[PDB]
Each structure stands twice: as C-alpha cells, then as structure tokens.
> 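Structure below; questions to follow.
Along the sequence shown, the residues carry numbers beginning at 1. So how was this one determined? The header says X-ray crystallography, 1.9 Å. Just follow the structure's listing: the first ligand is 1, and inside any ligand the first atom is 1.
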Amino acid sequence: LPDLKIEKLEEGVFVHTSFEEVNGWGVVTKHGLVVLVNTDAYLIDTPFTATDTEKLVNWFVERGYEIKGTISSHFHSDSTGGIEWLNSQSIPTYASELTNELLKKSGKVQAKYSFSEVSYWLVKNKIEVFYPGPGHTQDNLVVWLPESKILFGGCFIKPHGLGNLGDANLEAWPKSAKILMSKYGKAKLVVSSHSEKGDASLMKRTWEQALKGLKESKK
Ligand SMILES: C[C@@H](O)[C@@H](C(=O)O)[C@H]1CC(SCCNC=N)=C(C(=O)O)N1
Ligand SMILES: [Zn+2]
Ligand SMILES: [Zn+2]
C-alpha cells in the first residue's frame with residue numbers, strides 16, 4: 001500500500017491521508033490534518049500505523065517544525081493508531097477521558113493527556129475540540145480552526161453512507177448532527193475522515209444520512 005500523503009489546504013493547514021486494509025472494509029482511506037501555529041505543528045488524528053505517523057512527523061521536522069501535540073477524534077485505530085509511537089518519542093498525545101477509557105477497555109495504549117470538557121482549547125483561539133454528542137461512536141469529537149474556519153469532522157461526518165455501525169449510536173446521531181450544524185454553520189470547509197472535503201452542507205447531509213440509517217435499523 002502507498003506511503004502517507006501530505007497535501008497543503010492553505011497557509012498552515014495540511015491534510016494527511018493514510019491507507020490501511022481493515023478486516024471486512026478493504027483498504028480504508030483516512031484523512032487527518034496538521035495545523036501550524038507559528039513554528040509549532042499539531043496532528044489532528046494519527047494515521048493508522050507507527051510507520052505512517054513517523055513519516056508524517058519526520059516530514060514536518062525536516063521542514064523546520066516542532067511537533068507540539070496530537071488530538072485523537074475518537075478511540076478507533078484510524079484516529080489513534082500512532083499514539084504508542086508518539087508517546088515513545090515524548091510527543092504529547094491528547095484524547096477525551098471517555099476516549100482514553102474506551103482505549104483502555106479495548107486493550108490499546110492511551111493518550112498521555114486527557115480532558116472532560118465539551119469545548120476544549122487544545123491551543124487557545126487556534127484549535128478547539130468539541131463533543132457534538134454520540135454518532136459514529138459514543139466519544140467522537142470534531143476539531144475547529146477559528147482562523148481558517150475549517151472543521152475537521154472525523155468519522156462523525158458521513159454524507160454518503162455511515163460506514164462502520166458496530167460502535168454507532170443511531171438514536172443520538174441525528175441530534176448530535178443538529179448540535180454540530182448549530183455550532184459550526186460558519187465553517188467554510190468540512191474535512192471528514194473518509195469523504196471528499198466540502199462546504200458546511202456536509203453537516204446537513206450527515207444529519208440526513210443519520211436519520212436514514214436510524215429508520216433502516218428498525219426492520
Ligand atoms: C478502522 C477503524 O478506525 C474504522 C472505524 O473508525 O470505524 C474505520 C473504517 C470505517 S469504514 C470506511 C469508510 N466507509 C464509509 N464511510 C470507518 C468509518 O465508518 O468511519 N472508520
Ligand atoms: Zn471509528
Ligand atoms: Zn473512520
């Protein structure tokens with residue numbers, strides 16, 4: 001499978017794309033972000049593997065950046081697979097307390113730092129972490145970049161098919177989608193884990209898909 005790809009979105013915002021075969025889903029394409037604050041870099045989700053996480057870190061280190069911190073949007077491996085490697089390099093990893101306990105219960109390595117707040121400033125006025133409510137998972141988070149007006153929706157944004165429902169809360173997802181739409185209507189760009197980037201309407205598409213999946217789940 002190809003190496004991690006890095007693509008600039010605009011000044012200070014990069015998309016990282018990694019590929020992994022996962023048991024019954026075939027090769028998964030996963031998008032995360034790298035956000036620059038001056039000469040500091042922040043990883044928004046880890047790629048699937050230690051190897052891709054190392055390639056990503058080394059790419060920004062070679063371009064003169066310090067990796068100040070990572071945030072995992074939820075406990076699944078497409079958001080957290082790099083945490084063990086980052087910890088071994090003493091790069092600060094962050095997850096919600098709920099995410100870290102879901103990781104523990106799954107026998108996975110935890111982020112070194114956790115937080116319980118619904119709205120958490122990873123970097124004050126630069127990187128906000130928000131819990132809209134359950135959807136894709138009980139713990140899923142989004143990341144908001146107030147300066148660029150970019151929203152990273154992770155595996156919660158699902159405009160054309162909900163994907164893995166194993167850990168999903170179909171009852172809550174529509175309500176959580178409305179909360180997200182209410183908070184981030186002013187997003188100029190929505191980046192998701194597995195879909196094409198788009199405008200704020202991807203939040204409304206997610207609301208519609210969640211309702212459609214909830215109606216389906218009731219034979
Ligand atoms: C591999 C694991 O992280 C998994 C998950 O988080 O549930 C991946 C694989 C999947 S299915 C791949 C994409 N299919 C439809 N969007 C999803 C997802 O549904 O968000 N994420
Ligand atoms: Zn997931
Ligand atoms: Zn996913």
> Counting heavy-atom pairs within 4.5 Å, which chain has the most contacts with ligand 1, and what does UniProt call it?
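It has the most contacts with Metallo-beta-lactamase type 2.
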> Give the PDB name of the drug at ligand 1.
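It's listed as imipenem (hydrolyzed form).
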> Which residue owns the protein heavy atom closest to atom 4 (C) of imipenem (hydrolyzed form), what's the atom, and how far is it?
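Here the closest protein heavy atom is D78 OD2, 4.0 Å.
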> Give the other ligands or ions lying under 4.0 Å from imipenem (hydrolyzed form), by number and name.
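That would be ligand 2 (zinc ion), ligand 3 (zinc ion).
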> Please list, in number order, the atoms of imipenem (hydrolyzed form) under 4.0 Å from a heavy atom of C155.
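Selected atoms, number and element: 20 (O).
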> Report, in ascending order of atom number, the atoms of imipenem (hydrolyzed form) lying under 4.0 Å from any heavy atom of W25.
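Per the distance check, 11 (S).
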> Which species does the entry list for chain A?
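The PDB gives the source of chain A as Pseudomonas aeruginosa.
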> Counting each atom of imipenem (hydrolyzed form) from 1 as listed, which ones have a heavy atom of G163 under 4.0 Å away?
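Counting from 1, the qualifying ligand atoms are 15 (C), 19 (O).
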> Is the contact between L162 and imipenem (hydrolyzed form) made by the side chain, the backbone, both, or neither, using heavy atoms and a 4.0 Å cut-off?
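Just the backbone.
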> How far is atom 20 (O) of imipenem (hydrolyzed form) from its nearest protein heavy atom, and which residue and atom name does that atom have?
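Result for atom 20 (O) of imipenem (hydrolyzed form): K158 NZ, 2.6 Å.
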> Could you check whether any heavy atom of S193 sits closer than 4.0 Å to an atom of imipenem (hydrolyzed form), since that is the contact criterion I want to use?
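Contact check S193 vs imipenem (hydrolyzed form): negative.
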> Report the nearest protein non-hydrogen atom to atom 9 (C) of imipenem (hydrolyzed form): residue, atom name, distance rounded to 0.1 Å.
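The closest heavy atom on the protein side is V28 CG2, 4.0 Å.
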> Which residue holds the protein heavy atom closest to atom 7 (O) of imipenem (hydrolyzed form), what is that atom called, and what is the gap in Å?
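The protein heavy atom lying closest is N164 ND2, 3.0 Å.
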> Which beta-lactam binders in chain A, per UniProt, sit with a heavy atom less than 4.0 Å away from imipenem (hydrolyzed form)?
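Checking heavy atoms, the UniProt beta-lactam residues near imipenem (hydrolyzed form) are: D78, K158, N164.
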> Below 4.0 Å, non-hydrogen atoms only: which portion of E20 touches imipenem (hydrolyzed form)? Side chain, backbone, both or neither.
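Near imipenem (hydrolyzed form), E20 shows nothing, with every heavy atom at 4.0 Å or more.
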> Can you pull out the closest protein heavy atom to atom 6 (O) of imipenem (hydrolyzed form)? Residue, atom name and distance to 0.1 Å, please.
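The answer is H76 ND1, 2.9 Å.
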> Should the proximity of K30 to imipenem (hydrolyzed form), defined as any heavy atom under 4.0 Å, be assigned to the side chain, the backbone, both, or neither?
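It is neither part, as no heavy atom is under 4.0 Å.
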> State whether the shortest distance between N or O atoms of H194 and N or O atoms of imipenem (hydrolyzed form) falls below 3.5 angstrom.
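There is such a contact, yes.
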> Which of the Zn(2+)-binding residues UniProt records for chain A come closer than 4.0 Å to imipenem (hydrolyzed form), counting heavy atoms only?
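Within heavy-atom range of imipenem (hydrolyzed form), the UniProt set gives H74, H76, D78, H136, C155, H194.
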> Taking heavy atoms and a cut-off of 4.0 Å, what residues surround imipenem (hydrolyzed form)?
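Counting heavy atoms, it is made of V22, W25, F48, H74, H76, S77, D78, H136, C155, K158, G161, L162, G163, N164, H194.
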